[PDB]
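Below is Peroxisome proliferator-activated receptor gamma with indometacin bound.
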Amino acid sequence: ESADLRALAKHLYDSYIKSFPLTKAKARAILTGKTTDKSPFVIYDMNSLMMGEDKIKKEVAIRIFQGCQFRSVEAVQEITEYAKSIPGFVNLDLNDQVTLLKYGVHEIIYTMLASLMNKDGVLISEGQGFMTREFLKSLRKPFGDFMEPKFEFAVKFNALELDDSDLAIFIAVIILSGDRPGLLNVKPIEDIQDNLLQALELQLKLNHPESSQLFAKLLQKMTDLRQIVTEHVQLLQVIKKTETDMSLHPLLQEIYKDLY
Ligand SMILES: COc1ccc2c(c1)c(CC(=O)O)c(C)n2C(=O)c1ccc(Cl)cc1
Ligand SMILES: COc1ccc2c(c1)c(CC(=O)O)c(C)n2C(=O)c1ccc(Cl)cc1
C-alpha cells in the first residue's frame, strides 16, 4: 500500500505537470527573481495598463472583468483535462463526473490562484505580467472588492508552503468530494477520495516532515475555499443586475446556475 500511495502521488504529479502550463514552481521563479525565468511587466495604474497592453499579449474595470473570464474558462478546461487522469474518475456515472466538476472547479481555481499571488499582487498572461493588489482594490464598486478576498486566502494558504507535487493530490481530493449536491452514487466517489486522502497524508509527511499536522491544517483550508465561492457568487449577482450589457461565458454560466 505504502509503495502504491507513492505510485499514486507520482502519477498525479505527472498528470498535473502535463495539465497545467503555469506551475507554482514557475510562478515562484518569476515572482522572486530567478534566472530560470524572466521578469513580469508590472501594472499598477492606468498608464502601466495602457503600456502593458503594448508589451503583453471600453472601461478598464470591464476589460479586467473580461480578462478573468477568459482565464477562468481556460482554467476549467485544464482542470477538466486533469480530472480525467484521476484513477476512477472517468469510470464514474457521467452525471456525477459533471457534478463533481461543477462544484469543484472554482475551489481548485482559487487554490491554484494562490500560486500566482503574493501579498502585493498576482501574475497574469501566463506570467508575462503582474497586476498589483492595490490597483485592483482601487477599481470602482463593485469591481474593486472582487480580488481582495482571494489575496487574503492566498496569503494564509501560501504560508502552508506547498509545492506542486503537494497540490496535485490536494486538488484531486477536492474534485472527488462525496458531499456535492445531486450526486447519484456517493460510495464510489468516497472510495477514490479515501485513497487520494491516504496519498496526500503520506506525501505531506514525506515532503514536509517537520511541519506537524499539515494534513489537518491543509484539510481545514477547504472551509476558506467555500466562503470564497459563496462571496464571489454574490458579487457576481450584483454585476448581472447592474451591467445588463455584458454576460458571463456560457461555460461559467452553466457552472454557476444553479450551484447553491
Ligand atoms: C479567478 O477568479 C476570478 C476573479 C474574478 C472573476 C472571475 C474569477 C470570474 C469568473 C469566475 O467566477 O470563475 C469573473 C467573471 N471575474 C470578474 O468578473 C471580476 C470582477 C472584478 C475584478 Cl477586479 C476582476 C474580475
Ligand atoms: C484570474 O486572475 C486574473 C486577474 C486579472 C487578469 C487575469 C487573471 C488575466 C488572465 C491571465 O492571468 O492570464 C488578465 C488578462 N487579467 C487582467 O487584469 C487584464 C490585464 C490587461 C488587460 Cl488589457 C485586460 C485584463
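Position 1 is the first residue of the sequence, and the numbers go up from there. Values below: all heavy atoms of this structure, side chains included; hydrogens, waters and symmetry mates excluded. In each ligand, atom 1 is the first atom listed, and ligand 1 is the first ligand listed.
Here, the model contains indometacin as ligands 1 and 2. Residue-level proximity to indometacin (ligand 1) for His232 is carried by the side chain, the only part with a heavy atom below 4.0 angstrom.
Here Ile109 has side-chain heavy atoms under 4.0 Å from indometacin (ligand 1), and that is the only part of it that gets that close. Every atom of indometacin (ligand 1) with a heavy atom of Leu139 under 4.0 Å away is listed here by number and element: 23 (Cl). Inside a radius of 4.0 Å around indometacin (ligand 1), the other ligands and ions present are ligand 2 (indometacin). The part of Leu248 lying near indometacin (ligand 1) is the side chain, judged by heavy-atom distances below 4.0 Å. Every atom of indometacin (ligand 1) with a heavy atom of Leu252 under 4.0 Å away is listed here by number and element: 10 (C). For indometacin (ligand 1) and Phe146, the ligand atoms under 4.0 Å from any heavy atom of the residue are 19 (C), 20 (C), 21 (C), 22 (C).
Between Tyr256 and indometacin (ligand 1), a contact under 3.5 Å exists for at least one N or O pair. Closest heavy-atom approach to atom 4 (C) of indometacin (ligand 1) within the set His106, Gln69, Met147: this belongs to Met147. For the pair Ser72 and indometacin (ligand 1), the shortest N or O to N or O distance falls below 3.5 Å. In this structure, of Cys68, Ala75, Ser138, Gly67, the residue bringing a heavy atom nearest to atom 24 (C) of indometacin (ligand 1) is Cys68. The bulk of residues of chain A touching indometacin (ligand 1) reside in UniProt domain NR LBD. The site surrounding indometacin (ligand 1), defined by heavy atoms under 4.0 Å, contains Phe65, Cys68, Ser72, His106, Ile109, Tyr110, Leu139, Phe143, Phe146, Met147, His232, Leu236, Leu248, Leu252, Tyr256.
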